[PDB]
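Structure note - amlodipine present.
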Amino acid sequence: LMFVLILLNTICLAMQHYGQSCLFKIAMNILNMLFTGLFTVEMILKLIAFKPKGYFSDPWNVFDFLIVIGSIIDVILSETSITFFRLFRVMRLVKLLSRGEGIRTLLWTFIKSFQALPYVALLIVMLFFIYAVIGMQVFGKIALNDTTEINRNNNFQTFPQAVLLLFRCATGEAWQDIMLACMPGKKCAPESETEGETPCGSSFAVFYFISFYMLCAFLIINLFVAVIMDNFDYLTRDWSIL
Amino acid sequence: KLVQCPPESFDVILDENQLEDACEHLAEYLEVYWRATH
Amino acid sequence: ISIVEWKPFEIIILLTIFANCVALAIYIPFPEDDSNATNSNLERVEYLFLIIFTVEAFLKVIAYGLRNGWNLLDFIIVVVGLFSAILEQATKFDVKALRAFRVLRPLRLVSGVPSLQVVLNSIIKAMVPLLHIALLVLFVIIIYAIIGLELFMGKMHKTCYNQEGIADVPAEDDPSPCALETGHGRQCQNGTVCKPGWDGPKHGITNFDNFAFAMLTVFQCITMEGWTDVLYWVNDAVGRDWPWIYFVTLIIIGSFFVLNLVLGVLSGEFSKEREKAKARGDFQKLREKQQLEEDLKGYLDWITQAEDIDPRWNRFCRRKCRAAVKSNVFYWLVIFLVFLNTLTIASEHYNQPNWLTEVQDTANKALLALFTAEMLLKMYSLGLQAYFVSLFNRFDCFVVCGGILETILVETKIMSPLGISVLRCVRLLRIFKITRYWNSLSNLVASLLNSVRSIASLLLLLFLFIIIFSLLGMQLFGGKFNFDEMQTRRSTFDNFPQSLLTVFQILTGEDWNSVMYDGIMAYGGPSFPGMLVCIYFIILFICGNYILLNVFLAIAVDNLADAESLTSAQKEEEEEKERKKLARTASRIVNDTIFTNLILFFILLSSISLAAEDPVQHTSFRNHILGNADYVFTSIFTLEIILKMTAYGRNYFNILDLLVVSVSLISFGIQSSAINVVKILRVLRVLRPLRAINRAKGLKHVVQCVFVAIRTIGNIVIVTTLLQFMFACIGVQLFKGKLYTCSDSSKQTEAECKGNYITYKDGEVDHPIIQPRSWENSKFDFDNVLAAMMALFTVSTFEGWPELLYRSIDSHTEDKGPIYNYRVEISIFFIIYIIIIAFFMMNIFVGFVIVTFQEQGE
Amino acid sequence: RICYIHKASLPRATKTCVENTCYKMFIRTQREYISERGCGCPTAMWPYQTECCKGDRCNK
Ligand SMILES: CC(C)CCC[C@@H](C)[C@H]1CC[C@H]2[C@@H]3CC=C4C[C@@H](O)CC[C@]4(C)[C@H]3CC[C@]12C
Ligand SMILES: CC(C)CCC[C@@H](C)[C@H]1CC[C@H]2[C@@H]3CC=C4C[C@@H](O)CC[C@]4(C)[C@H]3CC[C@]12C
Ligand SMILES: CC(C)CCC[C@@H](C)[C@H]1CC[C@H]2[C@@H]3CC=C4C[C@@H](O)CC[C@]4(C)[C@H]3CC[C@]12C
Ligand SMILES: CC(C)CCC[C@@H](C)[C@H]1CC[C@H]2[C@@H]3CC=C4C[C@@H](O)CC[C@]4(C)[C@H]3CC[C@]12C
Ligand SMILES: CC(C)CCC[C@@H](C)[C@H]1CC[C@H]2[C@@H]3CC=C4C[C@@H](O)CC[C@]4(C)[C@H]3CC[C@]12C
Ligand SMILES: CCOC(=O)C1=C(COCCN)NC(C)=C(C(=O)OC)[C@@H]1c1ccccc1Cl
Ligand SMILES: *[C@@H]1O[C@H](CO)[C@@H](O)[C@H](O)[C@H]1NC(C)=O
Ligand SMILES: [Ca+2]
């Protein structure tokens, strides 16, 4: 019954379109209030049944407890904003996912294998940090032109921005365009101080953007295969046998 | 005929698929056997 | 009638199926009910095909009274074909759009070939373990779609509209979302006003307005194609503070974790199938084949030379020939000759000096004559047929035959195929024989040639899938990508080759969202019936990527495991042979525990310090603290080394620590030319994070493991580099100096493309604009080998490769401009390069890593 | 003779030179900046381009 209630709540959340009428909005608000009341009723039923010690023993309960309390006080701040507090309703859908013995076992085993190897990812973290710092030092002064690949959204002028640029290149979005935009001969930052018309940029960009791609691909494959070999017992199980 | 029967008779056995090392196998046995009766 | 159903009737129907597949390729979908004579004939040919597949389903229907899936497909295809023909004749909803069922006929080419049916079943049966991952992906997509609905619902509908009216988007040709003065996003500024009311970034297709639209956007982001565009649009809409937490998390969870799960499940299934099929003993047949060939030439040469020792004059004719080939001097001389051939082939470039083009044509003939003479010398000294017995000797014979064929032309056109001298570089791969791992590369080639039958079957099923989806796309979007925009789309479904190229591009996943948007707008716009056509692109992408994975990972994993088992057995046999041969012939507080930590903390703080600098502002108060904070940080590490340097006199990590601290200390001074030297040793300050190694156990372990893996995979890296160099040489021959273009499309030479010319904004004849004529080269060209290696690398990364492909298709002649669709047949070069390198070599590398990790540990 | 000459890239300083052909060197994407000037019709490497002339001080 509560699985069906969660499904109904998710369906109710899934039909908040753009330009909805006032009646639709009021109905959605009152339906959300009804659902959060029902879930508070379940929570009260299971503090009694399970006592205040047995409730906060299953980790699926403390997560559930934190979800609903973020929905009770969500209504308090709604009648009179912050958008963070309405995301708790969606997070409850993971209980449906964590009910099949296959997906649960797969996710749990892979998460444990990920935890058991914390340095194979530290290698990628170190590579990203080193290349972000090098990019900040080298290409960190180029002008932000909205018609070029170095602009407000994509640049080397900050460590988070450099890391985001490297992440985008690792995904492989327009890394060749960024490399071509980092070549020498670009008018750049007016806030840095003649003969210097376009003296910044570098020919190091080719090696930078090629070596980063090779190293990132190699390290990602290394992490993937390490996790797979750590979890290989579950991947070749022969479930028919004991 | 000379395979299914036990080796026994062959004091030394040449097992090589090339002329080069086959020559060295025969020469190895003859040289050591050469020093036996001397 | 149950008599004539087993004779070559079943091959007559197979040939009928092949001619109803070479009649759906000849068809040209014309815009707006146009046609020609070839179509007028194809209608009647399809009438005949309909008659044939009707009286052949009737015989089977009235022979056995529709249970098997393939026969059910037969029946439904026939009935819908008859229904469509009858309705079309009666009307002579869309009538002509019901002909999409005719593209299912090529699917029967595997129902008549059980050898293909078995590989289709093998591919299909691997889907069941992946259904859990599919369900997880669906749940993640739903959750992120709902979150995007709650976050960015209807917040990207405002663009700059200029302070003179609301005519149309006066903010570049690519308008972007903005925000008001009370907003946090992008501000239009100057003579523009952020006015509400606007379709959207992609004609209203990419947004989180609806749940369906949000789901489509989330799927497109998860496919890792064009997700930064959505992220930047959201940044311009709501702000640049918290959309990265959404998009980066979505990319990490739905694209990397999911790919890891898919790879793990597929590898486990492949390993289980391998361990089940090893019980039969298929490896034994491959194992017994190698030794039967090793002793073959080892006994044939014994027979050959013993004839020459004699009992007509062969005593003074044969000893030198076989004693020169095996002299170890002929080997190095031939290696040097091949190196010279590579040198002269790779020295070609655009606009070369006139002496070089004569040197590299004289040397080509000289080396060709020398290699022909060597081939003829070797051809008789080791038997005419025993020379043909060897593997690489067949490659040499084919290379000589092709070179002699293409060097005598000297009168005909297109001498690009004359450069098959580049495959002579494969002959120098015997340099592996002197080194190690030669028994790991040749074993791979032996396994590939042994399994070439299954390889061809797997590559043919993928081709059938591509053909079916190309026909379906040609039916759906044929002649429909013709809108009023001034630019003409290059990735269309107008012809069969063009549809094949478009489907291949979508399979590679590059710019597939652009083709999806083109297909969506071709059926109206963002509306419920019109936008349902994106299911075609979604299914094509998912199924094609899954099939490519199941093919190119299975091939690599199976062949590499077989090669490794062969190498292990050979090593065991060599060990046993050389053992049995020998068994007879013979008969200071720096060594603390907490300190160390405290200084790996300092190390972390020092690493944090230089990440917080100001890259652009040379002088800023934040750098005042950080610049003077490194001073005290460097003192601690300076004190650490002195406190340790007395204990001993040196390992390899104390050297790194010294290289860090001494560089920092000297950088504290320098002075003088504080422009060049400082800019080198300031970037040399990136070695501080690397000091965590040798100071944090486990980091050293993983670094050493990665180094061992690099040393293991260096051979595959070298082979891939060699293939890339060869393909770069071929591309240099093909497209040298041909990828030039002028901004004015009416000028086809550098001299003509000079001065100014008139352009029109959006092709409006009433709005002319003067622009300067410029002779421009491609972003990635093939002028020389070095410029071609990088272009091929970017193609292998699937980044901007359609642009290069369509630039190369138009090129026709050196020093002249492009011609629309001149050589569409040149796309085979790019297709082959992508298949061999970007699909086979990468999966071979991944499978090699998997196998070298599996044979370690367990 | 004196068509704008150089060997390096940063200062754009002249040099001795001959021959009736003088050129410009620039990146294809960054068209509106001449990286290098000299004489002859040399071959660029990447991503540079060459535009040659016929008279003295044609490259400008
Ligand atoms: C599994 C289902 C229930 C999840 C949610 C899907 C349904 C409820 C969604 C998806 C498509 C949506 C519709 C698509 C388009 C529009 C046009 C708009 O001007 C008014 C809302 C309206 C009519 C939407 C209402 C809600 C809608 C019908
Ligand atoms: C190719 C394989 C998958 C079989 C073919 C299935 C697809 C392509 C077929 C089956 C059902 C067909 C549709 C049935 C009904 C309609 C509505 C009509 O107003 C236009 C044609 C249209 C839209 C058809 C187009 C083609 C169609 C979608
Ligand atoms: C033997 C194989 C492996 C390597 C061959 C390397 C030699 C022959 C190749 C590699 C890169 C080539 C260069 C690439 C580009 C340029 C720039 C231009 O000025 C034309 C000649 C020149 C300078 C080429 C000369 C030949 C070159 C140096
Ligand atoms: C890819 C194959 C194997 C499976 C997916 C089937 C695709 C091709 C089918 C299924 C549903 C179909 C759509 C159903 C309805 C419409 C609305 C109509 O006004 C135009 C055609 C259009 C838009 C169809 C196009 C083709 C379509 C998308
Ligand atoms: C695990 C390790 C590698 C994590 C390293 C995190 C460090 C390098 C990151 C995390 C938070 C970051 C800071 C977050 C915010 C800002 C404000 C910005 O205007 C300048 C950069 C600055 C000051 C960042 C500097 C670098 C920083 C300190
Ligand atoms: C280690 C990964 O390097 C790559 O990403 C390669 C790409 C791009 O990745 C392919 C993505 N499909 N393009 C080319 C051509 C490659 C190259 O130059 O080899 C030296 C490398 C590569 C290197 C070693 C082994 C395999 C590959 Cl495929
Ligand atoms: C950089 O931005 C300025 C700002 O308008 C613009 O004038 C200039 O043309 C841009 N640079 C290029 C190369 O277009
Ligand atoms: Ca891409």
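Chain naming is simple here: A for the first sequence line, B for the second, and so on down. The numbering of chain A matches the PDB entry: 1244-1323, 1372-1484, 1489-1537, in order. We number chain B the way the PDB entry does; in order, the residues shown are 324-361. Using the numbering of the PDB entry, the residues shown for chain C are 118-182, 191-217, 231-449, 508-783, 895-931, 952-976, 986-1194, in order. Numbers in chain D come straight from the PDB entry, and the residues shown are 1-60, in order. Note that ligands are numbered from 1 as they come in the structure, with each ligand's atoms numbered from 1 the same way. Only a part of the entry is shown; contacts are counted within it. Header lists the method as electron microscopy, 2.9 Å. Computation of the quantities below employed the complete heavy-atom set of this structure, encompassing side-chain atoms and omitting hydrogens, waters and symmetry-equivalent molecules.
- The structure holds amlodipine at ligand 6.
- Of the chains in this structure, the chief binding partner of amlodipine is, as UniProt puts it, Voltage-dependent L-type calcium channel subunit alpha-1C.
- Between amlodipine and the UniProt Ca(2+)-binding residues of chain C, heavy-atom distances under 4.0 Å are seen for none.
- The binding site of amlodipine, defined by non-hydrogen atoms within 4.0 Å, is formed by A/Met1509, C/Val1053, C/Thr1056, C/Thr1057, C/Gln1060, C/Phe1129, C/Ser1132, C/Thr1133, C/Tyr1169, C/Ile1173, C/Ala1174.
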